[PDB]
Amino acid sequence: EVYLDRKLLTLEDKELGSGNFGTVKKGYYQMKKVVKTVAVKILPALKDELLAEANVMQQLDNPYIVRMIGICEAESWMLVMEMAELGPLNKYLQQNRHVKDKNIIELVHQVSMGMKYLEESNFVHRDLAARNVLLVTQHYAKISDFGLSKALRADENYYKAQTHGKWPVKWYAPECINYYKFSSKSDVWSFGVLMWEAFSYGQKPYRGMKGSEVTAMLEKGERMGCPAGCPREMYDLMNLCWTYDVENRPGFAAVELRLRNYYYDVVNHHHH
Ligand SMILES: Cn1cc(-c2nc(N[C@@H]3CCCC[C@@H]3N)c(F)c3c2C(=O)NC3)cn1
C-alpha cells in the first residue's frame, strides 16, 4: 500500500536533523520515471510512534502540509517524506535577517491555511513551532513533524494525554499544562508562539525562563512583548491566539481569515 522498495531508495550520509527518535537524512527515491529527492526519518515504543506518525500523514492531503511518500523496513524503520530544501523556518530566519515583513506574513498565513485544514480534519498537531515549519522555497512553507499528532475521536473535541511526556511547554496552552487537554484551540495558542518566533527571526520564546516561570507569567496575565519591527496588527493576532479561556480563543478559520485580509492589505500597500 505505502511500503517502499529499499532498492529504489538511496540515502545520503550527512544528517539534516536529529532527536530522541533518531535522525532525518536526505535521500533519493526512484519513482515511476523521475527520481524524487526525499527527507527520511530513521530510527519498541519508537516503532509504534513512527507507524502512528506515518498513519496520520497518510490521511492528510494539503499543499501546506508535508506529504509522506511511504515507509520502509530495512537496517532501521524509515519514514520517507517530501524534501523541503530550505529547511526549518526558525533556522532560516536566524540565517536570513534581511527577510521582509510581507514575506513573513505570507509564510505564517500558509501555516494558518494548513492548520485550518488540520482543524477541519479533526487532527491536533501538538508540536506546532517554527522548527516544524519547513520551507520548500522562500515563499512556500509546509507544516511538518507529526510525531505528537492525534486524530480526535468522533465524540470529542480534544485529546486527553494520560501522562506528562517530554513536552515543548513554551508552546503549550494553559489547558494543556493544567488539564492535559489538546484541541485545535491549543494548536492556535502554539501558532501564536510560532508567529512570535517568526517575527523575532527564529529567537527562542520566553528566553532564560524555566517552564514553571512561564506558567507564573501567564497566570499574571502577562504575555511576550511585541518583537522589534513586528507590525501591530500581527502582534494583536498573537495576543488573540494567547487568549487564556479556550472557549473565547479563536479557531483557525478565524485566524486564517485575519491573516489573509492583512496580507492582502500589505500586498496593496507595497504596490502603493
Ligand atoms: C533541509 N532540511 C529539511 C529538513 C526536514 N526536517 C524534518 N524534521 C526536523 C527534525 C529536527 C528539527 C528540525 C526539523 N523539524 C522533517 F520532518 C522534514 C524535513 C524535510 O525536508 N521534509 C520533512 C531539515 N532540514
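Chain A residue numbers are taken from the PDB entry; in order, the displayed residues are 362-404, 411-639. The figures that follow rest on heavy atoms only: side chains count, while hydrogens, waters and symmetry mates do not. So this one's X-ray crystallography, 1.9 Å, going by the header. Both ligands and their constituent atoms are indexed starting at 1 by order of listing.
By its PDB name, the drug at ligand 1 is TAK-659. In this entry, more contacts with TAK-659 (ligand 1) come from one chain than from any other, and UniProt calls that chain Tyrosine-protein kinase SYK.
Comparing heavy-atom distances from atom 6 (N) of TAK-659 (ligand 1) across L377, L501, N457 singles out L501 as nearest. The dominant UniProt domain at the interface of chain A with TAK-659 (ligand 1) is Protein kinase. Relative to atom 9 (C) of TAK-659 (ligand 1), the option among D512, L456, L502 with the closest non-hydrogen atom is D512.
Heavy-atom contacts of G454 reach the following atoms of TAK-659 (ligand 1): 1 (C), 2 (N), 25 (N) (cutoff under 4.0 Å).
Comparing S511, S379, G380, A451 by heavy-atom distance to atom 21 (O) of TAK-659 (ligand 1), the nearest is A451. The PDB entry names the source organism for chain A as Homo sapiens. When non-hydrogen atoms are compared, TAK-659 (ligand 1) lies under 4.0 Å from the backbone of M450 as well as from its side chain.
Here is the list of TAK-659 (ligand 1) atoms found below 4.0 Å of a heavy atom in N499: 15 (N). Contacts between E449 and TAK-659 (ligand 1) below 4.0 angstrom, taking non-hydrogen atoms only, involve the backbone exclusively. Compare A497, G514, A496, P455 by their heavy atoms: the one nearest to atom 24 (C) of TAK-659 (ligand 1) is in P455. Binding site of TAK-659 (ligand 1), heavy atoms within 4.0 Å: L377, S379, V385, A400, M448, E449, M450, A451, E452, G454, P455, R498, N499, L501, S511, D512.
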